[PDB]
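In this PDB entry you will find bortezomib (bound form).
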Amino acid sequence: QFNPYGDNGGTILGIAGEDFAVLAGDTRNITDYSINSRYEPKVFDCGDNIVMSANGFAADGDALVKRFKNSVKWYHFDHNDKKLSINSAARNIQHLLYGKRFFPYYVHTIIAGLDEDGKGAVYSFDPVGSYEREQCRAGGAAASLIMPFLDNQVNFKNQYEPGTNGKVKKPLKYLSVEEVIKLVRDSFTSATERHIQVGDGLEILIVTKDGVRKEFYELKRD
Amino acid sequence: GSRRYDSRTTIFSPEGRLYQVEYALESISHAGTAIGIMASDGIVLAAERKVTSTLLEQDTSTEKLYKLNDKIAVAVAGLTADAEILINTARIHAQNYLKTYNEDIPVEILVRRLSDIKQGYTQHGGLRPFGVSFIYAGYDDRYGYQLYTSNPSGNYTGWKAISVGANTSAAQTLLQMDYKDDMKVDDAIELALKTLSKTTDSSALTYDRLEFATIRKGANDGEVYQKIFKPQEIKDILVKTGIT
Amino acid sequence: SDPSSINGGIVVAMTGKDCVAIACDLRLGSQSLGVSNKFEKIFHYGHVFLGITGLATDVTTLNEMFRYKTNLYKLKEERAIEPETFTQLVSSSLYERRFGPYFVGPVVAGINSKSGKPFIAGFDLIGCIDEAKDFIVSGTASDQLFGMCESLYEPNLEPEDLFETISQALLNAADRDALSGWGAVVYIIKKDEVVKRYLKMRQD
Amino acid sequence: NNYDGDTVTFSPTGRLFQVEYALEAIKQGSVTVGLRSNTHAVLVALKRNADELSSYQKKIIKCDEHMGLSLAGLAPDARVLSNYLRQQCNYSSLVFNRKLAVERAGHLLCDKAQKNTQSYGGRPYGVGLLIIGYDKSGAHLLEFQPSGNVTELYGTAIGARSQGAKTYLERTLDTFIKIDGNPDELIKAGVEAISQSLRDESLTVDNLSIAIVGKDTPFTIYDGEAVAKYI
Amino acid sequence: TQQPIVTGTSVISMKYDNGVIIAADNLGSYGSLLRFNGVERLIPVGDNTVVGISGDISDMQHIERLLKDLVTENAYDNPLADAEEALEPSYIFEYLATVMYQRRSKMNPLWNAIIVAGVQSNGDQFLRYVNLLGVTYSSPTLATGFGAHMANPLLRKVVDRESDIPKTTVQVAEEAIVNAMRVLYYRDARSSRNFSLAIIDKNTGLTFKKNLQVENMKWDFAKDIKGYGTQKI
Amino acid sequence: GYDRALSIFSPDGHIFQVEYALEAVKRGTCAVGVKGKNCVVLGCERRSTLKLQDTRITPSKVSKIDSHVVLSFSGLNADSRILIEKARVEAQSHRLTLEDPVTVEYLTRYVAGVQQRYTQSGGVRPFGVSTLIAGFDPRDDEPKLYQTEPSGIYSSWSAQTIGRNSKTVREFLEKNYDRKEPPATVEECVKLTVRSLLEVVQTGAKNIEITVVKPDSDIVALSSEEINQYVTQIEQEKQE
Amino acid sequence: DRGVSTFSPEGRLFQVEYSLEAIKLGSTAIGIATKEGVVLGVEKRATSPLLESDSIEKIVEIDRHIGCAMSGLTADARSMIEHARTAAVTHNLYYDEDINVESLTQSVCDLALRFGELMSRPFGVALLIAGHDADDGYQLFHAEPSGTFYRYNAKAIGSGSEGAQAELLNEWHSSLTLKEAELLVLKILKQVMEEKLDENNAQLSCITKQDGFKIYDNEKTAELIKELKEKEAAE
Amino acid sequence: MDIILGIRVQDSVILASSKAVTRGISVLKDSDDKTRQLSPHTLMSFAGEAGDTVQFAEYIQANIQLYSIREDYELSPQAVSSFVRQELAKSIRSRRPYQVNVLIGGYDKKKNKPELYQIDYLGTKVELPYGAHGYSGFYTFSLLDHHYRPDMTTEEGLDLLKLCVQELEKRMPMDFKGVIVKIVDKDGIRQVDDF
Amino acid sequence: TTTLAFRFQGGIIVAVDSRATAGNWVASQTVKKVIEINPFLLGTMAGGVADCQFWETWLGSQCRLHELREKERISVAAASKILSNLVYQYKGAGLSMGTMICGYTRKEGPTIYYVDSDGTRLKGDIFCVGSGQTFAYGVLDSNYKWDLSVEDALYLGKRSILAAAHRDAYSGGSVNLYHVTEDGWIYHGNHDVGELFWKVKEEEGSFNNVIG
Ligand SMILES: *[B]([O])([O])[C]([C][C]([C])[C])[N]C(=O)[C]([C]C1=[C][C]=[C][C]=[C]1)[N]C(=O)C1=[C]N=[C][C]=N1
């Protein structure tokens, strides 16, 4: 019998800052126990200061990204070159995904950018189109490895202040872009160590008012 | 293109009349007269065949009176071929109702269905209307004995006594004169024949130029019988009523 | 699960000297549960009689379908349908549902009004005609009915003698079937009189 | 006369009157100019208002990052045809990862318009289009007519009083074709060209509409104070 | 949904400084039966692209007809069909990728794995993969089926990352490919000795080599191997 | 299918087929609607050219769309049946989905929408019918009376008439109907409706039909004798 | 006869030009746009005094931020309004935001030329569509059955349109307040109406950023009519 | 849903239907009315798969009410039962059949006789003096076979119905949270509020 | 999932948890299981995360269109039936929904409809839906009265979710409270279960089984 689905591995991570937002993803692409590519870009600049990644079955991921990019283009045509806001993009993606409710895109989608007040924004989707704005979200193969670390080191969960013993929580002080990139790099270094589908390279896309910047870092190739 | 040749059968005149309906009624006014008379104990249907021949096989012939079911019959005035199309539809509608509700179709519901079909041809589709007028004679347990008529417009009305086809103006006047509410079938038989005998364009009214039918409760106990008269039976009733 | 044996029931028909007989049980059930003891399975359209076993909803549906068709036939033809002609109509109607069939076992019985010749016929659920000289059986106790008929039957039985034979064939066959019984009816049919008799039988 | 009732009817001299009547709608429309060098391709369009309270009707429509057009005639028909181009440009990108050639874009418009001229019930399009674009064979300018005829040109103009601008371009042919690597001077030549079609009215800040596409220049449209520089 | 009947095995490929190389054997298998021995599985498109196909052969021949038709269609009303508006490797791939994913989406796939190798207009090396699921990816080295498991490890020792491409000559690259084909013949039970190889260079163009054979094979050591453990004779 | 555009504009900006449909309405028997303080009355003309009629079975001029709404009409009888059927179906559909009977305004809007659709659809002619729709919204005691016409426009009326000689009875109503104080009772409302028809009808025998609709699905048709008493009282007051 | 989508020798569609003549017979509608809001006003024109005038609905809500007035064959407008409402709500469903006034108008105008031998004829009604959005602020559009739409600072449609437009030419400036605009619509309506203007035969409405689209009460309009009378008598 | 009963006496038809609604593990409601009035003198109770039951009942209700308005006449119980049977017989060979069993209790005003019709989801119709759907008959039919006499009063019918419900409450595993009882006679339909 | 809604003197209380799970993996603790259909209508979410989100925001579009067309607030009965009729069309296809449609109108008063993907539509006073519905029912049934103050009713809902958050493994995260009056709903905050459990335990004297 023909199986229309496959698993290409990989992992992605979105973090929202005070006036910025990052969307990272490893560059490794696999099937079963073989590597297809050590560098296959997975996070994409879709225009309007919006970055996107659809992790899981790559053929469905590429299809979805391709159709959203197309949606941005037709949004400009139909509404006098209006900038597509991150919240509007998110709702549009819900309908793209749910449109194939009974033959789903087999992907975990994350988008990132700035909201209309300039503050950092990250949205997360399931395969059939449900979504939710978040401060923090890892997706894909090693999502179970990374998320707990991000609950602890981004949202200071289960952390309290010395001397008070469980009475006073650690205050939720804001994190700079330099501080977030440190946490992203460590998250992937750790994920690479313990997950066989993660490795080769890390590509981070940073989003600010000035635009979309890129940073690349080497990861272990075993 | 094709627009050039379209007669536009479903349009209003400046006066707000439907051209094709009006012209179809003109056609029907030349058809053989058909009369329906309703009595307390039954209904009579009488109708004149159009200029026949001695070589026409009468006993196996049917152009005027048709059976829709065991309780309902119709007298036709107009194009016989058009009428048979509608008759077969009406026969099916009756059987559909019987299958659905396990009860014989009420007369009015059957009449409304046929009349709605006729209406459709006047409002949409671009086709010519049916050149037919019916007299419906029927019985059901709600209203008892009933007479209706329908015409190419798809409009229908109920009657105590009514005529369609040729010389209706003269026929309706005669019926209006001699009809009474407490009348019986035997009397209504005589009235129907006498009215035809006076309105006919022929020299004399004979058995070979007529089609006759009664719907009587004159069936053994609480039930209804349809009688389509045979040639010899029409000849006998003509002698009995004193016309020949 | 098997549609033909959810409700249960039987029909049998026989020929005699210038006569025919058709009979049926009165049970309708939902597998083990007995529901109705007044579910007659023999219907008639003019002088042509039709018995139908099998799934009860289809028994009712087909009766209503053949009443529909025989009523149109009579209006157009200006005569009652004959057994031979009706048999062909049943076959045609069943085969049109070849790949979504009515789960039934029909039986036709009647005397041709012109020739006077007795006539019976049976069908499978999809239209095949069995036209026997002697007898036709149908239903959940068809095996039992075959055994009774094959031993009890003789040709050229008088109407009143034929009644006894067909009744004993039905009764004893029904008593060996869990899904049949709960009463029975027999139709004796002559050229211009038809007698209907309800039989006293065990109600378990 | 008797042969202008529908598009499916030739006249005795072999003319299609409904198509010719559609061509007339273009001549009533406001003037628009198109010209190009080797590096860039420019559209200049005189927008038309209903009155002093009304806005000036938009003349130029973007089809892709590398292609667009200006219109003259029935604006809704331009919307239909431009929408068709947008889709065809988009089909070429999604399926073949290929920017649609300007010449091929003309061939598609020709065939779409043609079907409306040979069938009963329908009508021809009532608009003329000037398509500019930069593809793998450099700058291009096309002229579309709703008869189906499409033509590649160095320069042209369509609409009312378009003959004046068309003559000027015919004189300036040798000069403006050489304007390479200088967008402002090429627009100046387009503005000076459309000026030869003006009467009574002059080019104001909300009257003028300019569009450009080139080597390292995406298809952009200039309106308002962005064209005050060229007045 | 179907099953593949007559099948082709590995296609292998890699980039080098001035272009790309691709290769595949000439066998059409019918299960374990090595049925057809003269099947060409590399199909050139113009003078700048070679499409290597593995898997079902009936579907391969269908794809071959689609590409042949694509060339015919591109030439229509195209004066620059042999110049600026010629078919690019990227155009041919994206078309195939579209078809493959559409066919899987109708639950009726073309049962193949495809590698499109070529050189673009600007001299850039093009090498990308696509299969019956519509999955796509690019890499300095690409291989299908058994090639993925045996060829890639060998070819990745020559070009491990992007920066190794300018440092890799055509002689070194072809040598690596030819060796990989030998290894596949040792170890793949559905392979043949006869194969075809294609080079696409930005300078010297498209070189298509037919009727190549695996040579310099080591078998002599087999004589010394006796029994399965304890046997001495 | 037959797709011919029958309803089209003319050089002066008129759609003649819609206007000729209004002429069919002008030919139809007169219909009148009057709303009181706590009731609505629908009056209808029966032409006495047709005697030997069976009034038991002959289609009545006023039709119940639901238990709380009624519809009368002027124009082509056959056309009116099609609108009535659709309206009855929509009334049951509304109860099924919204779990509440239609408002009179909603039912009117639907019927008016059907009429409009037939003025710009291919292969069909407009309905030669104008309607008067009257009743009471669910759990509401405010009387409702709406009118529709072949073009598809609709509106609410304190009192209105349609059909032949409607110009005359509208003249009567315009001087006799006071908005500040409408017919306070059923008697007063019926009397004003019969009076308005007597301006046009001829004989007050079997030529006038009256139907009274009250709140909470209370609808009744008056008999010959009951109406005849109104006819008697009106003329006896007039002899002065 | 002749095709429904036929061009005249001048290059105009016969049916479109004839529908424009039907619109000239319609009741007047006026719209004025300001920096403080957009005002919409209409002539009700009841055919008889027995007709309850409040049931005449010629001003209509499309969404909270978009209103609409009509003139001509008003029965034709119902399917246009239904489409507009659906488009406005559908866009909010797809994009979690309000739809641009221009984009809404464009969607309505796309229906216009969908006629042939689709519907059998063009719409016989013109629309004034007024609204607000964050990008282009307060806006007023005029949507015709030709499929064309113009933006306007001020605009009048219907039977008294050219007389009203000439008056709007002199009176409109960029610094008009909302109150000044309300009175101005009433003034010009009163001028072109056959019957004497009051709260029962005329209707006002507006659209502001804060409160959205509102149809004015008969009591509220009555006061503005009284305020108008006094300020005209003041000089 | 679960238990629906019916009994035809001298001058009326009595329908009894359980109040419980259970979705899996929990009893979400204990006051559910599993019946719809089709016409003033015809009542239909129902039980089957969730959703389908109410959807089917209301659909039938809408159709009968439409007929009533069109003809200004009430269909006989026999006519209504035949319509319902046909709809179910049509349904059983559909893409997704209605999984609904019904009882139709009516009073025929023409014949002055009460009438009870039992129809299952296949479209199997039978007229009965007393009837049930599901496992209800398994407990109740033996009692009805013994006590029923065709000339009972309405009060005697309710007592015989109480004896049926008591047996069900003793021997059935499921708690059906009592029954809503309704009576159909010459005066129409009314609910017994204490049972 | 634990979601409840109940009618009382002061209107309706709606309370939900925040947890979303994929098998044993906790996918989210910050899920909004109450959908604000308009200022007067609330919908609860249980079952398929996407099905519920998509079709309940869709429901809001149908309700807005109703009141644009009818110039009147849509009834809770009509709104709930739009959703139930929709999911009935999809019956068999595999939609997974358990929802309460809650609202307050003049004609109806406070009304709650249980709507479900098998086509079930039920009106009622109290409903609990989800994997932890049985736990929440225990607290509700023993403490529910018609004569509860808005303050006490809010707490009972909060406490019933807490009960289920504790015991049911597929419920937790936080509690979202809503109070529905005739002038609209009113949000009453996000309450972390991590902090709420210890606060309630200390103040209420409950959960003596757990050590703190
Ligand atoms: B709740 O448990 O029902 C919850 C409600 C939903 C609206 C957030 N559902 C889920 O957590 C479901 C799984 C489930 C658990 C227990 C009972 C029923 C269902 N999760 C999802 O639907 C889902 C989908 N994609 C990603 C994560 N979770």
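Residue numbering restarts at 1 for every chain, and letters A, B, ... go by the order of the sequence lines. Both backbone and side-chain heavy atoms feed into the values below; hydrogens, waters and symmetry mates do not. Portion of entry displayed, and contacts counted within that portion, nowhere else. Every number for a ligand or one of its atoms is a count from 1 in the order of the listing.
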Tell me where in the structure to find bortezomib (bound form), all copies included. ligand 1
Going by UniProt, what is the chain that binds bortezomib (bound form, ligand 1) with the most atom pairs under 4.5 Å called? Proteasome subunit beta type-5
Other chains, non-hydrogen atoms under 4.0 Å from bortezomib (bound form, ligand 1): A, I
Could you pull out the residues near bortezomib (bound form, ligand 1) at 4.0 Å? Heavy atoms only, by chain and number. A:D126, I:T1, I:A20, I:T21, I:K33, I:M45, I:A46, I:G47, I:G48, I:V49, I:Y170
Nearest UniProt active-site residue of chain I to bortezomib (bound form, ligand 1), heavy-atom distance to 1 Å. I:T1, 1 Å
Which organism does the entry credit as the source of chain I? Saccharomyces cerevisiae
Tell me what the entry calls chain A. Proteasome subunit beta type-6
Determine from the entry whether a covalent bond links bortezomib (bound form, ligand 1) to a chain, and give the residue and atom if so. I:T1 OG1
